[PDB]
> 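Below: experimental structure, cyclothiazide bound to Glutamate receptor 2.
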Amino acid sequence: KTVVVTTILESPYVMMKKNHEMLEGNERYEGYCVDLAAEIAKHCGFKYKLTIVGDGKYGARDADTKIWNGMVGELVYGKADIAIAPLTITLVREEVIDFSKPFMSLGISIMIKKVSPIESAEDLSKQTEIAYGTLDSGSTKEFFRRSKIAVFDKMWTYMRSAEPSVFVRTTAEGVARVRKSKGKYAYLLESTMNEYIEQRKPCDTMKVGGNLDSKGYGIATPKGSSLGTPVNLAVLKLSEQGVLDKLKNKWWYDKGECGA
Amino acid sequence: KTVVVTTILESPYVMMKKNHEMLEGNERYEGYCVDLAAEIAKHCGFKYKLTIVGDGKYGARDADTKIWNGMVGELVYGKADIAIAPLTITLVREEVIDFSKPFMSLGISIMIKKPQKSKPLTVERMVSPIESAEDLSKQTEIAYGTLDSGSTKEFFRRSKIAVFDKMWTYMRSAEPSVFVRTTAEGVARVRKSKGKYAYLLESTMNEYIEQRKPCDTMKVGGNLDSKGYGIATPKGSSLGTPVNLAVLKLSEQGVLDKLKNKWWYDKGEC
Amino acid sequence: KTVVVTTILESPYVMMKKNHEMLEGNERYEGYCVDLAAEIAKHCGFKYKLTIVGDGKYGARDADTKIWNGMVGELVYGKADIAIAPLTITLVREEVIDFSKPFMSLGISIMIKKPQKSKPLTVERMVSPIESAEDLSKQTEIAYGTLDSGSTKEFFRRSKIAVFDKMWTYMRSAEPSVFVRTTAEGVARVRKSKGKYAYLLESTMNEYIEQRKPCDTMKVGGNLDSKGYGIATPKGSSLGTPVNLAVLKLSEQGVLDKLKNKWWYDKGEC
Amino acid sequence: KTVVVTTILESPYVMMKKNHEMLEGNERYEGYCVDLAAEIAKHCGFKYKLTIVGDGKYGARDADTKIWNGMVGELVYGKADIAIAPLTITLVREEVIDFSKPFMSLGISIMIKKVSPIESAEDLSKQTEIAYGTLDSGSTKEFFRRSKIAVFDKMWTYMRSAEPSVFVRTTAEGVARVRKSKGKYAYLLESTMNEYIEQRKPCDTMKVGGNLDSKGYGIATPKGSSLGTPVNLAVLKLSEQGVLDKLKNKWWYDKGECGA
Ligand SMILES: NS(=O)(=O)c1cc2c(cc1Cl)N[C@H]([C@H]1C[C@H]3C=C[C@@H]1C3)NS2(=O)=O
Ligand SMILES: NS(=O)(=O)c1cc2c(cc1Cl)N[C@H]([C@H]1C[C@H]3C=C[C@@H]1C3)NS2(=O)=O
Ligand SMILES: NS(=O)(=O)c1cc2c(cc1Cl)N[C@H]([C@H]1C[C@H]3C=C[C@@H]1C3)NS2(=O)=O
Ligand SMILES: NS(=O)(=O)c1cc2c(cc1Cl)N[C@H]([C@H]1C[C@H]3C=C[C@@H]1C3)NS2(=O)=O
Ligand SMILES: N[C@@H](CCC(=O)O)C(=O)O
Ligand SMILES: N[C@@H](CCC(=O)O)C(=O)O
Ligand SMILES: N[C@@H](CCC(=O)O)C(=O)O
Ligand SMILES: N[C@@H](CCC(=O)O)C(=O)O
């Protein structure tokens, strides 16, 4: 029984190689998540087929319709069996899907155009000269929406009532916007993606300040599935064997086409 | 029914209060773990009684007897209901108990005695003889050890990495023994060995010991791996999911970060 | 019963919102005074309707008619129940209305156009032609004026200090008139007079105007006196003591401090 | 009828006369508050007799007995007709006595021994190596006790549970303690007293940071008295005529027995 593996096109997690037109099956995808899925399948011992989520959404709930979209939606509604992808572990997701142990620590970080005047998030909220937003229907926007801290509350209140739409549909759109804004825009995204972008050409983006919080990516399965314990054990074994460290070093720092 | 919580006597997780010779109950202990347990009880309502393991060990499987000891061992046999303590999530422990999501990140680091400032135009520089684990294993004048019945010892024993295997081979055949009974004993050995002893402990304890007086120890290199601390629940128990969601809520509301900052960096003696 | 609150259109106390054409009710206005009114209504439960005086004056006595005008005047005759606005507590006003305890300190300051950074090694220095009220009165090249029907004009009219008396004598016999009908008009005169006009206004508005773009104005010297802003109330009204208690309570909680920091410092630039 | 005036020996508000052994009446007292009382009597037109409060406390409520001590007690219980003294206007006091308009602005300040490693009160709260307390039965301890701010809550919790007693019976004891502590103790007191102390010899104490909050001194009268409105009008007249500024300049900066 082939296991359906939903995932999203995120770099360096999943990429469509370079000559994908002449390739078929899972051989046309490469990245950290592809390697993670291969190791998970090797440990558990199942045949899998990588599938790309129909909409480029990680997963959230719509305007009071209680419907999950993106990867979480495909998991809940039975459209997929497992999600090896950068899915942040959150409160709202955990109640509906089974998350494994985190395979990568991360956090929310500020990235800007290349002594920065903002540095910390407090100064970023205080100064209204520079605009800042998040990814639409992701996890950072939900973190800001439900945040009770005064600084994050001010951040979310400004971001929601902003003209034009300060949010972006895809993280690539966000990095393009912050590159083209001539330093007038700040992008809020995961620390791992921030470091990957800052370690790539043309190296015009830099990460400033610290991490707003601490989160992690987990392998998600439908609630009440038989694969949750095996994939949890496989993630633990991979972490203890250094496989996750090796994969992150390969896909984040082995190439390093940046000047640092 | 009041459940029993087990914890280890580790700072700044659970430390006896100053006036603890006359106090009774959970008010005797202060630290990160006590008010973490308070927050857990506040989220999901239950009555808890803090307890300390008699052996004072974190937990490991004994060879040729397959008997778990320490916090994990006493949690398996049913004399505890929940382990809110700096217990490291491992593969061996996950097959006998249930671990929640990590509430604090950590890693294996190296602790050494802080060298004196180098004299040479008038700038002072810090020169250290060990800067990573590769050169720590490649030398012989400095002994290094871990904590017995801990996660680090099991990690080094079961590691297939070349440098980690070399360090494990060194500490296995070491005379006198480089293993310590308690973290505080390891720090005492580090401060007493005049700079010839390195301690392989967790990064959180290393940073906490660095921040407090007499601050004669330093952390060299990065972490050897990435791990986490989880709240341990007996396998097949009713306190697993509520505790996991409680940890998730405390992470999302910022309680964990504020607790860490007020228990590690607020009391920055040095 | 819904009581009517009067206020003046003075930044940052009350400013029309950007989308104020379609919005109705108290949501039209934003600023320090609307937040103060909300807090006052939260202290003691009552419904309020924000209003703006038609004449747009703070309040003064007319010549030879002994008739009050402005916010104070319309509060005396009973067309308003409470004045939550930057109304300065004075002796003449206290004899006809009731003032609560000051909710913000202030003083009379001098506003001039900011000069250019002077150069002579390669350091830029700030050189100003006026640095006190004494040298402002002694000099004659730069004209100075105040706000019509304001507290500062009454202070200068009834001042027995030699310097203040000289300045008032200059203002009375001034051609063309140095008095402005609105604070914004005075700042516009300062900006467009290219350094030949000095505005004598309240310290809070002076700092607020200095803190925003294009920030071509500067405050010279210190405050000529010390005063405060109070919430006015008609004599013998039931709203006096509850509002005074509310102001004291908001001072104790530090709500006034955070309102000031949010409406004066956070929104500033340059 | 001679109006009884209660006051406390505080410098430079009320000071004992140099040759007071040979003097009697109100001519044996001098200071800012003595001049204030003289101006109030001149404006209202009443004869007064300055009386020193029995216990050197400004006023507070005791441990669950609802009894006012100090000057507020003398006012409430009919033992005094008016209080021209540095009495801080507070919500708890206003409910039992009638304050006039503030005749002097002030705030909580941090005063230490003369690199300045303390800065604002945030660092003072985050630091456990330096001791700091307040005046007992005053208004600063009440402000710290009822404060709902996290920094001030931490300050109060540390101060109450401190061994030995971090509080001082009189402000002079506090300044002596901070002088003799070799920089290990900090004293929290009113900004006016802090400035007066640092401006007088030996000038070994210096102020750091800004004022914690803003308060003021008002002339207190018994509730439901006929003197409240006349003294309020007199205070307003004195403020308008510059008499209060003149007296502050006379008693704070006119001597200036310091090098600054
Ligand atoms: N260095 S890293 O970001 O690639 C990374 C991060 C993490 C890893 C492993 C790696 Cl390699 N494993 C941990 C897991 C292992 C066991 C202990 C904590 C969880 C359960 N999660 S983690 O702390 O999020
Ligand atoms: N900054 S820290 O080490 O005290 C720390 C570390 C971690 C926190 C929260 C804090 Cl405050 N929460 C995460 C949890 C939240 C969700 C995502 C990963 C786990 C499940 N684990 S963590 O990445 O191990
Ligand atoms: N810092 S400020 O100008 O916003 C400011 C100014 C003042 C505040 C509070 C603040 Cl936050 N409260 C005082 C009041 C409190 C009690 C003592 C004096 C009045 C009654 N008035 S004040 O001295 O005019
Ligand atoms: N410069 S000072 O501290 O001596 C000082 C302080 C103050 C003065 C007068 C002086 Cl001289 N008057 C004001 C009062 C006057 C009118 C306006 C506010 C109150 C009512 N209170 S105050 O703002 O506390
Ligand atoms: N990776 C996040 C979204 C990225 C972001 O919000 O910055 C998720 O799983 O939803
Ligand atoms: N925290 C570790 C013990 C400390 C160590 O091994 O350094 C554990 O849970 O096993
Ligand atoms: N705030 C002053 C008016 C402003 C001014 O006179 O500068 C008043 O209440 O009268
Ligand atoms: N002046 C204050 C007391 C001074 C202090 O506590 O520092 C009062 O009236 O209570």
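Letters A, B, ... are given to chains in the order of the sequence lines, protein chains preceding strands, and every chain is numbered from 1. If you're wondering, the header gives electron microscopy, 3.1 Å. We count ligands from 1, going down the list as the structure has it; atoms in each ligand are counted the same way.
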> What is the full set of ligands or chains that belong to cyclothiazide?
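Every copy of it sits at ligands 1, 2, 3 and 4.
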> What chains, other than any belonging to the drug, come within less than 4.0 Å of cyclothiazide (ligand 3), counting only non-hydrogen atoms?
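The other chains with a heavy atom that near are C, D.
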> Can you help me find the covalent attachment of cyclothiazide (ligand 3)? I need the residue and the atom.
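Covalent bond target: none.
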> Which residues, given by chain and number, touch cyclothiazide (ligand 3) within 4.0 Å on a heavy-atom basis?
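With non-hydrogen atoms counted, the site is C:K101, C:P102, C:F103, C:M104, C:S105, C:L248, C:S251, C:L256, C:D257, C:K260, D:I89, D:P102, D:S214, D:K215, D:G216.
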